[PDB]
Protein chains: 2
Amino acid sequence: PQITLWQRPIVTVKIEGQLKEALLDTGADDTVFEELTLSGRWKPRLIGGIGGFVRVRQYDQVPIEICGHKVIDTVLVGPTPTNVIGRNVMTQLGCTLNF
Amino acid sequence: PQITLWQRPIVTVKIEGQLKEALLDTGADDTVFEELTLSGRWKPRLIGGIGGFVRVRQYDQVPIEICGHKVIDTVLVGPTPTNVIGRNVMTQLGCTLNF
Ligand SMILES: CC(C)CN(C[C@@H](O)[C@H](Cc1ccccc1)NC(=O)O[C@H]1CO[C@H]2OCC[C@H]21)S(=O)(=O)c1ccc(N)cc1
């Protein structure tokens, strides 16, 4: 697929049985969701963005279905105004910036 | 050009005589720089990211040299940990996400 950027590049994901939408975000190192219940152990983490810092839970080896592809990666769960799919997942999608 | 996402997609830009680096950021609606001096008038604006909001100056019709292209767009100037090139500029670059 090719995704133009006239609009926010939002995609539908399925993670641990839950359906969500998220922004394909080349500026995000990590994948981050606000309201997502994930199972298992997690480590406390702080990430920093434009308006300051938020405390998140780091969950590892989380299954994600996105763009006709199933991938497994680290998902951070914490306050964010927008769910974001980070480079960690995009490199696995074989996703590139082309122009 | 094609930019893979194994590393942050940082690019060199020239804006109003000044040389800077910035992240090609599909999750950013707008282009934002921290330490860029721009000429003319501006409007006060607040943008929201992860962690909270920041006050920025909005400058219109700023020429930007990026990726062999000269483009002209709105640049927000304010506190950000990382300069980001937003979709406003990327659409002009003909820049797309491919996988
Ligand atoms: C500033 C970037 C280097 C990092 N940010 C990713 C970025 O794409 C966010 C992604 C984003 C999107 C919406 C809300 C919060 C964060 N966009 C953003 O802050 O854009 C601002 C400039 O344009 C405006 O348009 C949308 C928000 C404004 S980030 O959200 O802070 C971030 C940081 C670390 C991780 N792992 C994931 C995301």
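Chain A corresponds to the first sequence line; subsequent lines are lettered B, C, and so forth. The numbering of chain A matches the PDB entry: 1-99, in order. The residues of chain B that appear here are 1-99 by the PDB entry count, in order. For the numbers below, each heavy atom of this structure counts, side chains included, while hydrogens, waters and symmetry mates do not. Determined via X-ray crystallography, 1.8 Å. Order of appearance sets the numbers: ligands from 1, and atoms from 1 within every ligand.
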Please tell me which drug sits at ligand 1.
-> darunavir
Identify the main binding partner of darunavir here and report its name as listed in the PDB entry.
-> Protease
Which other chains are heavy-atom neighbours of darunavir at a cut-off of 4.0 Å?
-> A, B
Does the N or O separation between B/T80 and darunavir drop below 3.5 Å for any pair?
-> no
Which option, A/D29, A/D25, B/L23, owns the non-hydrogen atom nearest atom 9 (C) of darunavir?
-> A/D25
Subset of darunavir atoms that lie under 4.0 Å from at least one heavy atom of B/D30 = 23 (O), 24 (C)
Out of A/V84, B/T31, A/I50, A/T82, whose heavy atom is nearest to atom 13 (C) of darunavir?
-> A/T82
Deposit source organism, chain B = Human immunodeficiency virus type 1 (BRU ISOLATE)
Within a distance under 4.0 Å of any heavy atom of B/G27, pick out the atoms of darunavir and give their elements.
-> 8 (O), 10 (C), 12 (C), 17 (N), 20 (O), 26 (C)
Nearest heavy atom to atom 20 (O) of darunavir wins, so pick from A/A28, B/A28, B/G86, B/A22.
-> B/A28
Answer yes or no for A/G48: is there a heavy-atom contact with darunavir below 4.0 Å?
-> yes
Report the nearest protein non-hydrogen atom to atom 31 (O) of darunavir: residue, atom name, distance rounded to 0.1 Å.
-> A/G49 CA, 2.9 Å
Heavy-atom contacts of darunavir within 4.0 Å | A/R8, A/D25, A/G27, A/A28, A/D29, A/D30, A/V32, A/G48, A/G49, A/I50, A/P81, A/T82, A/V84, B/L23, B/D25, B/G27, B/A28, B/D29, B/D30, B/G48, B/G49, B/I50, B/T82
